[PDB]
K.L.:
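Structure: Tubulin beta-2B chain in complex with Taxol.
Here is how names work: the chains are called A, B, and so on, in the same order as the sequence lines, proteins then strands, and each is numbered from 1. Whatever order the structure lists them in is the order used to number ligands and atoms, beginning at 1. Computed from heavy atoms alone, side chains included, the values below leave out hydrogens, waters and symmetry copies.
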Amino acid sequence: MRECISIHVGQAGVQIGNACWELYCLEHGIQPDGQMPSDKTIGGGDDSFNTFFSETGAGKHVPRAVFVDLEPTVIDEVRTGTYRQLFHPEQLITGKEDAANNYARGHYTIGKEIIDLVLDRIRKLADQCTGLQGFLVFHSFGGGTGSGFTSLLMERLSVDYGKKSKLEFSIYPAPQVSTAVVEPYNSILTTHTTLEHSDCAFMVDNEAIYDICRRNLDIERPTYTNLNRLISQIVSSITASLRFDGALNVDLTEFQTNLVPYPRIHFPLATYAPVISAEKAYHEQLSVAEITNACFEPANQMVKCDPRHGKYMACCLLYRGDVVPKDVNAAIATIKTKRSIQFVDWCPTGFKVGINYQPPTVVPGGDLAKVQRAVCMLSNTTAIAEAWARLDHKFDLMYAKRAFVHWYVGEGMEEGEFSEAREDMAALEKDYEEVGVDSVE
Amino acid sequence: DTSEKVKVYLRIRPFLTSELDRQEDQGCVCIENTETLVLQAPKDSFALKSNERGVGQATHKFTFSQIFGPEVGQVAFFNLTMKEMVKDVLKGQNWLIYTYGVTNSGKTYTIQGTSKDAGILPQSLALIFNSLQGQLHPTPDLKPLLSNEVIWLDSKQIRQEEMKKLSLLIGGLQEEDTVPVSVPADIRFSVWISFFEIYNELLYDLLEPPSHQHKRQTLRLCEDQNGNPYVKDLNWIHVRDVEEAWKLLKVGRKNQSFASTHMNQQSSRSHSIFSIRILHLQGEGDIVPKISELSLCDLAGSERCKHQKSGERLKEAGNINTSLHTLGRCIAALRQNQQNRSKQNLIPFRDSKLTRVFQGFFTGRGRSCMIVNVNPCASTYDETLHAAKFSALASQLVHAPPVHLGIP
Amino acid sequence: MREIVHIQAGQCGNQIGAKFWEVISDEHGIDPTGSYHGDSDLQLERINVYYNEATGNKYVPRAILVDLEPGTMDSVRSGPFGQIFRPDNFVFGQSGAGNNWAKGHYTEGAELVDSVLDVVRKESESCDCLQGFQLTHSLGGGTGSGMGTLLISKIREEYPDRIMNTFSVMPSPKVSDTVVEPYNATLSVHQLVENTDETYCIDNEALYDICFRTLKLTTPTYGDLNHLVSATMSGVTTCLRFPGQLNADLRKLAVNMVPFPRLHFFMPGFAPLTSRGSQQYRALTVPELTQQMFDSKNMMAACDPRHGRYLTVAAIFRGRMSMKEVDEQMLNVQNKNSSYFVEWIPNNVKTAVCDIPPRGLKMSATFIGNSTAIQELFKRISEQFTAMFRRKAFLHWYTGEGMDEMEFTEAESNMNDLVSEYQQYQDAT
Ligand SMILES: CC(=O)O[C@H]1C(=O)[C@@]2(C)[C@H]([C@H](OC(=O)c3ccccc3)[C@]3(O)C[C@H](OC(=O)[C@H](O)[C@@H](NC(=O)c4ccccc4)c4ccccc4)C(C)=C1C3(C)C)[C@]1(OC(C)=O)CO[C@@H]1C[C@@H]2O
Ligand SMILES: Nc1nc2c(ncn2[C@@H]2O[C@H](COP(=O)(O)OP(=O)(O)OP(=O)(O)O)[C@@H](O)[C@H]2O)c(=O)[nH]1
Ligand SMILES: Nc1nc2c(ncn2[C@@H]2O[C@H](COP(=O)(O)OP(=O)(O)O)[C@@H](O)[C@H]2O)c(=O)[nH]1
Ligand SMILES: [Mg+2]
């Protein structure tokens with residue numbers, strides 16, 4: 001079977017999970033109470049596909065998920081909201097006290113006595129999986145539980161399982177906007193987790209998605225419910241090939257093999273091209289060429305950076321809907337013609353293409369318009385280094401004067417680890433600078 | 001000053017036969033010179049050569065005032081480091097000895113320990129007493145309670161102190177210089193000793209025997225007439241010969257708190273301060289004769305809290321870490337208080353009990369010195385690195401060209 | 001679950017506590033008898049942050065009244081919300097301090113601290129997981145300052161890892177109703193800096209200025225000042241009791257507001273605040289709340305931020321609103337007033353959002369500022385202190401209770417050091 005397990009850590013994780021599971025339930029026709037009318041109506045097929053759901057005797061479908069907050073206020077909304085009967089009661093709240101935006105608390109002192117329960121639940125979920133595997137970890141840098149507990153969880157997972165893909169969806173800090181003062185310490189102390197144990201990590205930024213909502217969907221005052229919906233669309237586009245038939249399928253192994261050149265380079269950038277409002281859904285053809293061109297615009301990126309300042313090392317285009325390979329090939333040829341898009345010499349092909357027949361679904365109340373075709377582009381580029389470098393500068397401004405360090409030190413953490421983390425980041429940045437250099441004969 | 005800095009001193013313990021057979025001398029530590037050390041991780045076959053994300057060498061250079069290898073003996077180590085400082089103390093000035101280390105670093109062997117291979121403590125004590133031999137007052141008549149004030153004793157108080165020290169010595173009793181005299185026959189030298197600790201930012205005495213399970217010795221930190229700080233209600237004991245003082249410190253260390261760790265070992269969980277005060281009283285004597293204080297501070301080694309995350313120890317571990325961090329900041333300020341920089345900075349000594357007790361010596365009423373003992377074995381390499389980062393004058397990254405694997 | 005134990009000492013502390021409990025009971029739909037007569041379900045979701053449940057669905061707050069002398073007892077118990085409190089928590093004595101810190105700390109309060117500690121231990125042991133304690137009192141007084149400092153010391157000795165939060169009413173420079181304010185204020189400030197996690201500074205001059213210039217009230221009383229302080233207290237811990245898009249608590253606010261251990265003296269503020277007749281002439285939006293919060297005339301500390309720099313600020317918004325607007329407004333405030341923010345913190349503003357607003361409003365916001373200008377309020381006090389200590393103005397009253405002169409001088413030095421510790425960061429570097 002073709003199965004994945006979703007972990008969501010922290011408040012950002014829980015809310016993104018809410019949006020994602022809403023989208024999956026609408027895609028597969030599953031009611032909020034777990035029942036499917038369509039399965040009884042038809043009497044055939046596996047519409048409650050095993051990629052994200054498990055079927056019990058009475059026709060109920062349980063998500064293959066577990067999320068943890070260390071703060072009951074977030075998950076207790078799930079226990080009371082419309083999806084209270086969908087999830088298993090094992091949504092592991094243990095928030096007698098939260099991490100207080102402290103990496104050390106989430107990683108060392110309060111992260112324990114909760115990790116055992118999480119590992120037991122994950123083991124129980126994995127034992128039910130007689131087939132393919134891959135973890136999908138949603139979280140946020142800048143928080144305590146989203147950084148420390150994620151670090152501990154991935155450290156334990158890499159030993160318990162080892163040879164299983166562990167995809168990451170992280171809420172990276174914005175260049176200017178923020179909601180905390182101790183954000184850079186937590187963000188830089190997560191480097192070890194996202195380097196050693198992760199196999200592929202996608203980073204997204206709140207400023208970029210705010211810009212996308214403001215400019216494309218004409219939303220003047222967006223909130224996190226739109227950001228989570230867009231991230232859910234991206235995730236569904238990634239994993240569509242495991243669920244629905246298509247002309248060209250792309251498993252997670254195919255996805256990683258054609259996008260990760262070297263082991264230390266697994267930080268691609270994500271883009272959804274046909275983001276458009278209902279009013280602007282008209283006045284536009286929305287053909288394959290237009291969406292493929294829109295994927296490459298700097299303005300549509302989900303991270304605040306500029307691919308024109310770097311070099312593309314590999315791209316994965318995943319199409320859904322009324323799409324044909326011929327127009328896709330024409331679009332890739334047109335993209336290769338342009339000289340504003342630069343490709344490294346050591347990757348002459350530089351494109352992986354996957355096509356799926358199922359078109360995207362529209363969530364009622366959402367601000368995305370129904371469309372016939374869509375594309376998700378996932379491209380590994382050196383410009384992402386910029387998004388790190390700025391953050392590093394901020395960290396330095398707080399570490400020269402030793403500000404806020406006593407909170408981390410008093411919760412069981414050596415000072416030197418700070419320096420170690422920074423050095424690790426520097427090394428990674430240097431690597432991204434060196435792969436982009438043209439070959440010398 | 002002639003660029004005093006703080007005069008850190010690094011000591012490397014010799015390898016043991018019981019550990020060399022286990023392949024612990026992996027070239028991790030080696031002395032580039034008497035001022036510089038280089039630290040290298042256990043890479044290649046010493047660790048897992050697989051993966052190794054940018055850990056090809058991981059070389060770090062550290063600068064020290066002086067580095068003492070295993071070739072230096074106990075007496076040789078003491079003579080070249082503390083003999084000048086013992087002379088300075090007997091002149092009339094005060095001094096301190098910070099000591100930092102971890103299990104197997106040999107700090108307990110370096111400062112105190114075997115009577116034959118005398119440490120810094122017994123050697124300094126012997127030099128001090130042999131120096132003033134024949135200049136001891138016949139009886140105690142004066143208490144160095146405060147750093148600049150005195151308390152007079154009557155006959156009954158003297159007898160009470162005699163009973164106190166006799167009861168302390170008899171209980172828990174087991175088996176475990178003059179030529180350059182400053183001024184004999186004009187000034188009598190009287191020696192008093194005290195010993196206490198900081199534990200969870202609470203002060204606790206150690207000369208008091210195990211009176212009860214509860215440690216109701218929460219000494220308060222007051223300030224004198226001039227504002228100088230001082231521990232209130234601390235016991236002090238007069239000493240007549242080196243053996244009495246040494247034995248009293250063995251009793252005090254016996255009382256000292258200890259706790260297990262994540263191996264089958266035991267270690268201290270407190271910052272223990274030992275103080276010896278010499279009263280110089282001339283024939284006139286006047287009031288509060290001159291006072292000279294030599295202090296030693298054994299600091300709890302900074303230890304990671306992941307492996308130790310079981311039980312309430314974690315709490316005190318965090319406290320220990322916090323205290324040491326504050327101490328480092330103070331030293332950094334004292335390394336900037338040097339005229340080297342003109343901006344200057346305030347010394348945040350009030351942020352912790354340990355720094356506050358040592359206020360006069362960051363203010364400029366005394367001089368301080370630090371020792372760091374390191375285990376050269378590879379299995380403790382990370383710990384050694386942390387110790388270097390605590391105590392190094394400066395650090396350098398050679399940038400290690402073989403690092404950055406994966407990429408061609 | 002995270003529970004808060006509330007302590008209040010002195011006349012000012014007791015009155016602020018009474019108004020604050022009235023406000024919270026109205027917020028959670030609690031009648032004076034104790035029963036719950038609310039409408040929304042969320043009100044009972046986290047009611048046990050403040051209340052304990054009795055037999056017949058009656059809720060009793062976790063309030064301890066330290067020195068409820070009969071003068072304040074008869075006012076509190078006979079008030080509209082007097083029967084709600086548990087009788088056993090009313091600890092009291094006779095022959096109070098009488099504006100004498102020595103009596104409160106050493107002579108009289110020392111005989112009564114044991115009962116208060118017994119009640120505090122009984123309350124704390126009855127909780128699932130304690131977040132921290134909360135103290136309300138006034139410096140410049142008698143039993144309040146002295147026994148509040150003594151209780152803080154004993155509590156932090158017993159419960160070191162928990163949060164110690166205090167709302168202290170500082171003595172104003174001009175609006176003074178006691179002669180020996182400087183002595184008690186200096187000793188209390190010496191005691192607070194070593195034994196509290198976060199302390200909010202309140203001045204009566206600032207609250208009178210708010211009542212006159214902003215709310216346009218002609219005859220303000222202490223009820224209105226208690227009202228404003230209670231609004232601040234409710235707004236600080238809103239996210240502990242209700243859900244929201246971005247949550248926070250006392251520990252998270254502390255970690256983002258105290259760069260160094262000794263710098264934990266905050267200036268609070270609240271928005272919106274406008275007169276009854278002028279509410280129809282202005283639209284309630286996030287920019288208006290931000291503008292009113294960051295204005296210098298709205299602060300309750302009686303210190304102008306323009307004379308110093310903001311080490312770090314926190315804003316807790318209440319109401320349904322957009323995150324983009326909040327973030328944009330905070331970034332705009334930081335960029336336009338770059339002179340009033342320390343350079344070595346790239347981002348000074350912490351933001352939190354709670355969904356449920358107050359009962360009668362559409363949106364609201366609470367501001368906690370940490371700036372160097374707070375040192376001003378100490379400096380004035382220190383000046384007055386030395387003007388009384390150079391000649392021993394009223395010193396024999398304190399020494400007659402067994403308290404040496406050195407304890408005065410030490411306090412001065414510590415307070416002066418705190419001022420110096422705040423003076424490092426005002427200079428640009
Ligand atoms: C609509 C109208 O004409 O009256 C409103 C109102 O909008 C005004 C008059 C109110 C009014 O505020 C005052 O007059 C006032 C006087 C002294 C001290 C503090 C306030 C109001 O009293 C205050 C009151 O506030 C509340 O209802 C909140 O829930 C508030 N309640 C309490 O503090 C409270 C105290 C004791 C008993 C019950 C409730 C609150 C605020 C923060 C946290 C929790 C609760 C409101 C909306 C009004 C009136 C009634 C006139 C304002 O205050 C508040 C807190 O809303 C003053 O600035 C605002 C805006 C308005 O001018
Ligand atoms: N895009 C997006 N970001 C979110 C969302 N929720 C939270 N965040 C981000 O999360 C960051 C802070 O994380 P926290 O709110 O502290 O949550 P946490 O990581 O679990 O840490 P704790 O509060 O200790 O639980 C902020 O910078 C937000 O931008 C969301 O729903 N969507
Ligand atoms: N903000 C405010 N201050 C008050 C109130 N009542 C008294 N005060 C102030 O408290 C100070 C006197 O302290 P007091 O209450 O007598 O302390 P106590 O004697 O220990 O109870 C004066 O400076 C008053 O301005 C009040 O209701 N609100
Ligand atoms: Mg949280």
K.L.:
Where do all copies of Taxol turn up in this model?
P.N.:
ligand 1
K.L.:
Can you point out the other chains with any heavy atom under 4.0 Å from Taxol, by letter?
P.N.:
C
K.L.:
So what's the organism behind chain C, according to the entry?
P.N.:
Sus scrofa
K.L.:
Within 4.0 Å (heavy atoms only), which residues surround Taxol?
P.N.:
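At that heavy-atom cut-off, the residues are C:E22, C:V23, C:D26, C:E27, C:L215, C:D224, C:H227, C:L228, C:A231, C:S234, C:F270, C:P272, C:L273, C:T274, C:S275, C:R276, C:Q279, C:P358, C:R359, C:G360, C:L361.
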